[PDB]
There are 2 protein chains.
Amino acid sequence: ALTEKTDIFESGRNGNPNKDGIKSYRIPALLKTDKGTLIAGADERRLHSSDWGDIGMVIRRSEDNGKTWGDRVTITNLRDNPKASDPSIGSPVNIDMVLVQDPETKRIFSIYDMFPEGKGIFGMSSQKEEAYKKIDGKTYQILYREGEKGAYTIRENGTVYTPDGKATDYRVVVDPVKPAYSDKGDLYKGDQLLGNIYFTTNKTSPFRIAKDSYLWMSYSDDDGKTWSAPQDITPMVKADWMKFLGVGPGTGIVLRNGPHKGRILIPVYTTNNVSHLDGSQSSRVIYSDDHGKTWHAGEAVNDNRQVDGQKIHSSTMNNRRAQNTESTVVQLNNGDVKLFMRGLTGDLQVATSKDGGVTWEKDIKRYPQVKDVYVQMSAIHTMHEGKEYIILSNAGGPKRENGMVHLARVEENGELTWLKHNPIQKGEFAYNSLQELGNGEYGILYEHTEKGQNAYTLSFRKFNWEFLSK
Amino acid sequence: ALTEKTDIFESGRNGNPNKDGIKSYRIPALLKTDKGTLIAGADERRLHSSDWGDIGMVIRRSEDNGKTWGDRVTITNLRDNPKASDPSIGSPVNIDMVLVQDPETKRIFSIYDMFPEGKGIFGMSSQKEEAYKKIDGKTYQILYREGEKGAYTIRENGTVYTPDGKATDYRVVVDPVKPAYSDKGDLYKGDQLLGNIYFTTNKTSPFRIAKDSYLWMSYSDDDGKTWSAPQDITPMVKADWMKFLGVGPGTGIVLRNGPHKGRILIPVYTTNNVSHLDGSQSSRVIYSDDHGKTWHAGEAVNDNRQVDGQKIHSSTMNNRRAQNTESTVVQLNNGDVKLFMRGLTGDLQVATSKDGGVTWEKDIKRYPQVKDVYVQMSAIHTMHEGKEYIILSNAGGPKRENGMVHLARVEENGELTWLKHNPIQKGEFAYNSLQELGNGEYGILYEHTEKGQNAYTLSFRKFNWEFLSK
Ligand SMILES: CCC(CC)O[C@@H]1C=C(C(=O)O)C[C@H](N)[C@H]1NC(C)=O
Ligand SMILES: CCC(CC)O[C@@H]1C=C(C(=O)O)C[C@H](N)[C@H]1NC(C)=O
Ligand SMILES: [Cl-]
Ligand SMILES: [Cl-]
C-alpha cells in the first residue's frame, strides 16, 4: 500500500557536502508527463540549505514510474561571483520551481525565482530600483552604471544603450550557450568579457541589474531531457508596486474543464513595500491562455478581502495573520479553482475562484481538520470509483515533522469534507509534491532527513487507495 | 512701475460667505493667451477655505491686460451629495488647476484634481481600491456595489457591466450636458436618476467609484469662453503604486526649443502607500507630445536620488525632508528644464532635466538667496534686451506673508544668478501665478487677505522692468 522511500536527491551529512560537492537539496516538484515519465525537480543547494548562494535548478527523470531514475539534468545554474567576499551569498540565485506540462503541446515548463547576487530575497534593495523601462512600446531590462543615476537598457541582441538612447559597445549575453546557461548575464565590451550584470559586489564590469525580484521560465519539448535558455517573464506579471513576486513551488495545473479549459495556472505570491515580509505576503496565480507564450497575473486572494470588518488589498496591507504565501492549486469538476494557501492560522486555508483563477470569492475557508504548521503543501485532484476527491500532503506537526496525507471528498456544492489523515513519513518532513500515477497509484516527492542528513534529502514513495483509506 | 491691486476673486469676511454665498477663493492660475487675453483661474470654495467641500473650477477673462474682467465662467462644478450628513465634506471635489495653451493649436487646457465625496485627499481609502480595469485592451473605470466584492465597469456609452462582464440596465452620465457639467457621474436605471457614482455616503444608488485620487482635464477652443466636459486623464499617468497624484497649481509651459519642442509640461506630485503625506510627496511632470491628446508621466525628481548617502525612490521613500511637492516649471534657452519645488529646507529647491522633463539630474540645487516657507510659487522665463532671465514669486516670510518678486539671470549653463528681490504685497501672501504681458510688462495673480477677508482674496497687479530692477 505504501512503498519504502527512494532517495532521489541526497544531501550531505553532518554539515558536509555529499560526494557531488552538494550540501543540500530543497523544494521538490513532481510531474507525471504525457509519456508517463516522472520528472522530479529540486533546488541543488551547493553551499548550505538557505534560500541563496550557488543553487542550480535540476531534475531527474524516471521512465519506470519511480523505480529507477536517470542522471541529474541541470536546467539553469548561474555562475558565481568569483570576487565575492562571502561565497555563501556570493552568487546570483535561482530558487523554488513550479513544474507543469501543457497537455496540448506537451511543452514542459519550469518557472522559478531569480535574484541577482546577494542574500536571495533578503538582498533586494531597501528602496525601489526600477528593473525595466518601456521604450517605444518595447520593454527592456535596466542596467545601472557605477557613479551614474540614469537607466541604461539592454536592447536587441543584448546591446547596452545609454539612458539617452545611444548604443554602446557593451553587450550582455542574452542568448547564453554554456552548459546550464552559466554565461547568462555576462557583460562584454566588444570581444572582452568584463563581468556579469547579476553581480552586485566587487564588480569587474560597470553594470548591474536592479536588486529586485524576478521570475524566470525554462521549457522542455523532449520530456525533460533538454531545456531552453531561461525566459524572463517578470515584466509580464510584476506590477510596479510589487516588491517580491515568486512562485509557490510544486506542480501547477492546466484547467481541464469550463470556459478556461487549457489555461495554465502557476501559484505565486507577492509582498508590497508597505510591510513586505512582515504583513503582506499574498497568494495569487499567474496564468497563460496561449500555451506558455504570454503570462498574466490574476488578482490576489487578499485584494478587496474583508479582514476584521475592514477591506485590505495585497498592495497596501500590513496584517501578519491575513497573509497567505506559497499555495497549491486544484480545479474541481464543476470548474471552480481551489487555492490551498500556506498561512498563520495553524490550520488549512482555502480560497475559491469561479473564473479560472482571475478573482477570488470573498471568504477564505478554514479547515481545523488539517493542521498547517506554516510550510509548503501540495494537493491534487483525483477520481475514485466515480467520486471526486482531493489529496493534500503536508507536515502533521507540531513542527516540520510527521508527513501526512489528507483525503477530502469534494461535495456537490464544491465544499470539502476531510475523511482520512495518514502518516507517510515519521520524523522530519517539509515541502512535498504529489502526482497521480494512474491505476489507483499516487506518488510523492518530499523533504525529509535522517542519519545526520543535511536539510534536506528529497525522497519518493508510491501509495495506493488502501493507504488513503486507513 | 507697479499697479495698485485689483481684486479678481473676492472672498467673504470674518468667516462669512461673500455676497455670492462663497466663503473662499484659492489657488490662482494666470494665463496670457495668443490673442492677448488674460485668463485668471481659481478654486471657488463655497462653504469654507479647505481643500474639499463644494468647489467649482472657475476663470475670468480680461481682454485689456487686467484692466477690466468679464463674468466668471465655471469650467466644472460637480453637484453635492444632497444626503451627506456633513455638507462641509459632502461633495465630490475638484481642486487645484494648472492652465496652459498649446501655441500651435491654440487649445487651452485646465488640468485639476478630482476626488469623490469626502474630505478631499483625506477621504482616500486607507487601503488601495483599484480604480480602473483593462478588459479586451480597453481601460474602464471601476464601480463598487454595496455588499459585493467584484469590480463592475463603466463601459461604452456609460453602460455599467457586471464583474463577470454582463451588461446591466444601469448607466452613468459620461457625457454630461448640464451647466458646469454638474450631472457628470449621475447614475441612471433607464430614465430614472438614482444617485451619483461620486457619492460615497448615504447613497441612493448601488455604485461608487474607488476612493482614490484623480486628474481631470477640460479644454477651450474659444479663448477661455467655453469649456469641454472633463476628460479623465488619470489612467494615462497614474502608476499602480501611486496613492495621491495631483497638480502643482499655476501655469504650465510648452517647450519652445530643443528636441522636445512642442511638449506641454504640467507640474504634478505623488505620494506612495509607504509614507503618504508624511514622507513621500515627490514632484515630477506629466507631459503631452501630441497637443494634449495623450499624456505621460515623467520620472520623479526623487527617483534614484541620493539623500544623506543613500538612494531613495518616489514609490518607496519615507523621508520628510527629501519631499518636494507643488512646483513650477521653466525651460531655458539652452533647452534645460528647471523645476522649482516647494519643500522643507527653508530655501529654494531646483531640479534640472536635460531631456525635456522626463528624467532629472542627481543634484537638487538650493538657492539660499530665495526663502521658501513651504508654499506654492510661480516662475516664468523672460527675455530682456535680449538677455535671458527668470522671474519667481513667493512669500518672503517668515510666514505666508510679504509677497516677493525675484529676478535671476540665467547663465549659459543654466545656473541662476539672483539679482534682485522686490516686495510686491505686504501682509498675508500665499499662492501665486506670474505671466509675461509683453513690452517689458508682467502680471501676477496672488492670494492675500486684509480687512478680515477669508483665505483668500485673489488679486492682480502689473509691474514692469523698472520695478524688477531695484
Ligand atoms: C520569502 C518567504 C520566506 C521567508 C522566510 O522564504 C521562503 C521560506 C521557505 C521555508 O519556509 O522553508 C523556503 C522558501 N524557498 C523561501 N522562499 C524564498 C523566496 O526565499
Ligand atoms: C496634499 C498636500 C497638502 C496637505 C499636506 O495639501 C495642499 C496644501 C495646500 C496649502 O499648503 O495651502 C493647498 C493645496 N490645494 C493642498 N492640496 C490638496 C491636494 O489638498
Ligand atoms: Cl561585474
Ligand atoms: Cl448615490
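Chain letters run A, B, ... following the sequence lines, proteins first and then strands; every chain starts at 1. Every number for a ligand or one of its atoms is a count from 1 in the order of the listing. Method of determination (from the header): X-ray crystallography, 1.8 Å.
The drug that appears at ligand 1 goes by the name oseltamivir carboxylate. Within 4.5 Å of oseltamivir carboxylate (ligand 1), most heavy-atom pairs belong to the chain that the PDB entry identifies as neuraminidase A. The chains other than those of the drug that have a heavy atom under 4.0 Å from oseltamivir carboxylate (ligand 1) are A. Measured on heavy atoms with a 4.0 Å cut-off, the binding site of oseltamivir carboxylate (ligand 1) is A:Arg26, A:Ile27, A:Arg45, A:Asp51, A:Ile95, A:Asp96, A:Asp113, A:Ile121, A:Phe244, A:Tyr269, A:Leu277, A:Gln281, A:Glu326, A:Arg342, A:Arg400, A:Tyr431. By the 3.5 Å distance cut-off applied to N or O atoms, A:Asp51 is counted among the residues near oseltamivir carboxylate (ligand 1). Neighbours of oseltamivir carboxylate (ligand 1) among the ligands and ions, at a cut-off of 4.0 Å: none. Of the protein's non-hydrogen atoms, the one nearest atom 11 (O) of oseltamivir carboxylate (ligand 1) is A:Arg400 NH2, 2.7 Å. Backbone and side-chain nitrogen or oxygen atoms of A:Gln281 are examined, and none is located within less than 3.5 angstrom of a nitrogen or oxygen of oseltamivir carboxylate (ligand 1). Interface of A:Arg26 with oseltamivir carboxylate (ligand 1), defined as ligand atoms under 4.0 Å from a residue heavy atom, comprises 10 (C), 12 (O), 13 (C).
As recorded in the PDB, the organism behind chain A is Streptococcus pneumoniae.
This entry records no covalent attachment of oseltamivir carboxylate (ligand 1) to a chain.
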